[PDB]
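Below, a PDB structure including cefaclor.
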Amino acid sequence: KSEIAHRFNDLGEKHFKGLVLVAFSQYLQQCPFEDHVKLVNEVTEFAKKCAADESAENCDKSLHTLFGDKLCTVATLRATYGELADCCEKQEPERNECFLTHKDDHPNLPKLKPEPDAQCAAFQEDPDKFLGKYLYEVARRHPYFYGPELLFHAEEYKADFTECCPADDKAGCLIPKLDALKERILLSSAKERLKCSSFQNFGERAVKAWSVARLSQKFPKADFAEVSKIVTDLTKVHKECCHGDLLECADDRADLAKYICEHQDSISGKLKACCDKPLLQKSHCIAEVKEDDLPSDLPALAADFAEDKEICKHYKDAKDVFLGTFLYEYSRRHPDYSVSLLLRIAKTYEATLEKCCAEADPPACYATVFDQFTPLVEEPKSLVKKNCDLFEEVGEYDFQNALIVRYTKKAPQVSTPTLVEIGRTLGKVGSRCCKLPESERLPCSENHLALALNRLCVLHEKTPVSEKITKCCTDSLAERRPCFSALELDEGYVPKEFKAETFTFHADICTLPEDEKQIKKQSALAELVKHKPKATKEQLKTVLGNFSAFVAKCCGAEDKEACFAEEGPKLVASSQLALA
Ligand SMILES: N[C@@H](C(=O)N[C@@H]1C(=O)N2C(C(=O)O)=C(Cl)CS[C@H]12)c1ccccc1
Ligand SMILES: N[C@@H](C(=O)N[C@@H]1C(=O)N2C(C(=O)O)=C(Cl)CS[C@H]12)c1ccccc1
């Protein structure tokens, strides 16, 4: 009867309020903390009133009508979010559709900063205000963050301030932890953003196909029907979360977790760990569970998929089932492949049956289908080996620099802070993946590459600048990474006009923390590439080498700024001659 009561009953007040703050922050990314809170309280109050009397006036309205309505009463809508007030003219579902277009993927809000001093004070003060504020901060910053996962991370962020506010050194305990937690927030956010981008750009069928491959890898002992079932449920969960229906999403998620834990023996023996846990933790653990060992009765695939004479007839009768089965079987035995490579492999299998089934003697044509996969596998494997050899040899910073040079040549129209952010995120993929056991390297690098490329595509929908990037971002999810790998120097780019100020440094760079000093160097690297796109990577590396020596030198000078002023213009002119 009352959907609001229903969710309030299912989730409990703590989690309901939490999720509703997340939904509100992400949707209305600008408001102070306390105005989101007042709206959360109003909605929560209304929920309690409905739970006690479901036939109460307004109680039977959809969540969307309810929350859309709330959102549209906020102070100063046409001044904070001028395009957003227009949304308020529309009914549901159009209203919510309108609201979602408006979500902003790069609000570039102040950087989140651990002040172990002032924060610890506020936490001892009112721990509930403190968590709320954290949820609020994250959500507005990552408007698509997996709702129920944010509540998990809030518990973590809380358990940190616990262990570290009593401690002798406040930042001592706390800065590494909050540093770690940031990374996991960014990774988590990038995983979910890929899911919502897949429903947005490619649809539900692509999301299901991705999840079939990935879940078959993780639960290779489960049967097909059990994988389908979980993929069906999981897909609905993320479809809801990506649509801002965080309450339904959380509720369906807990139902999923409970289903998976009641059937753990026919799913995976890695789950027992997860299933012995509390709610949020249990779900988190299932979502991140490692791949089970392979069963020793995995069937030989040739028989059903290459040799059987009725293949074309099972294909023509039931394409989606037949291809799903192939996907499930091939993926469960290839935890050493990336999800996208599995999907590419499934699409080549499909394409081969389309072709062979329309010639005189199909079995003779499709007999070799598994043999056509060999080049598909070898291209990403050797790409991963080349990038990990380079990483191992030059280390992270130079590996970022090499990727910055590579991506700026592919897309020199992209703004400098995006090129640096992506080259840096892709170099951290090396550090994360290159050190793993070698059979883990390929899925690690390729899966994480999908995340960084999709961040590039999300930004590019906001601010399109390149037709080649559009085409890679929108043609096919599974082909993205090879479509990017194949871009080269955009050959009718016109070198960006030289601007001496861009390459001019001052003493301020001397007080920067290490990574901010690197970002300043790596931005001038990408600018060197924009002005001399034909320069070889070996020339750029030399000139950047000269810029760093010049910075180290001037930051050690008695008079930092005279050194910058005296030496800079020489270096800036002679660099251009070196990049010819
Ligand atoms: N124990 C609560 C909690 O600390 N909630 C914080 C707190 O309380 N917050 C409030 C509030 O009551 O003002 C809102 Cl609006 C929603 S939740 C946030 C909790 C909720 C979700 C996950 C973990 C803890
Ligand atoms: N008939 C094709 C097909 O339409 N593929 C389209 C294809 O392309 N899509 C993508 C993609 O963008 O990479 C995925 Cl994940 C699979 S479906 C969709 C198909 C291939 C594999 C499974 C089902 C359908």
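Numbering starts at 1 and runs along the sequence shown. Every number for a ligand or one of its atoms is a count from 1 in the order of the listing. Just so you know, these numbers use all the heavy atoms, side chains as well, and skip hydrogens, waters and symmetry mates.
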- request: List the macromolecule sharing the largest contact count with cefaclor (ligand 1), named according to the PDB entry.
  value: Albumin
- prompt: Which atoms from cefaclor (ligand 1) have a heavy atom of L151 less than 4.0 Å away?
  reply: 22 (C)
query: Which atoms of cefaclor (ligand 1) are found less than 4.0 Å from any heavy atom of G18?
result: 16 (C), 17 (S)
- request: List the source organism for chain A per the PDB.
  value: Equus caballus
message: Could you identify the single nearest non-hydrogen protein atom to atom 21 (C) of cefaclor (ligand 1) and state the distance to 0.1 Å?
response: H15 CD2, 3.9 Å
Numbered atoms of cefaclor (ligand 1) (with element) below 4.0 Å of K14, judged on heavy atoms: 20 (C)
- request: Could you find the nearest protein heavy atom to atom 6 (C) of cefaclor (ligand 1) and give me its residue, atom name and distance?
  value: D128 O, 3.1 Å
- prompt: Where is the nearest protein heavy atom to atom 18 (C) of cefaclor (ligand 1): which residue, which atom, and how far?
  reply: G132 CA, 3.4 Å
Enumerated cefaclor (ligand 1) atoms positioned under 4.0 Å from heavy atoms of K17: 11 (C), 12 (O), 16 (C)
Ligands or ions near cefaclor (ligand 1) (under 4.0 Å): none
- prompt: Which residues in other chains are near cefaclor (ligand 1), meaning a non-hydrogen atom under 4.0 Å away?
  reply: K14, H15, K17, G18, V37, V40, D128, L131, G132, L151
Between cefaclor (ligand 1) and the protein, give all atom pairs where both partners are nitrogen or oxygen and the distance is under 3.5 Å, as lines of names plus distance to 0.1 Å.
| unit_1 | atom_1 | unit_2 | atom_2 | d |
| --- | --- | --- | --- | --- |
| cefaclor (ligand 1) | 8 (O) | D128 | O | 3.4 |
| cefaclor (ligand 1) | 9 (N) | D128 | O | 3.3 |
| cefaclor (ligand 1) | 12 (O) | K17 | NZ | 3.0 |

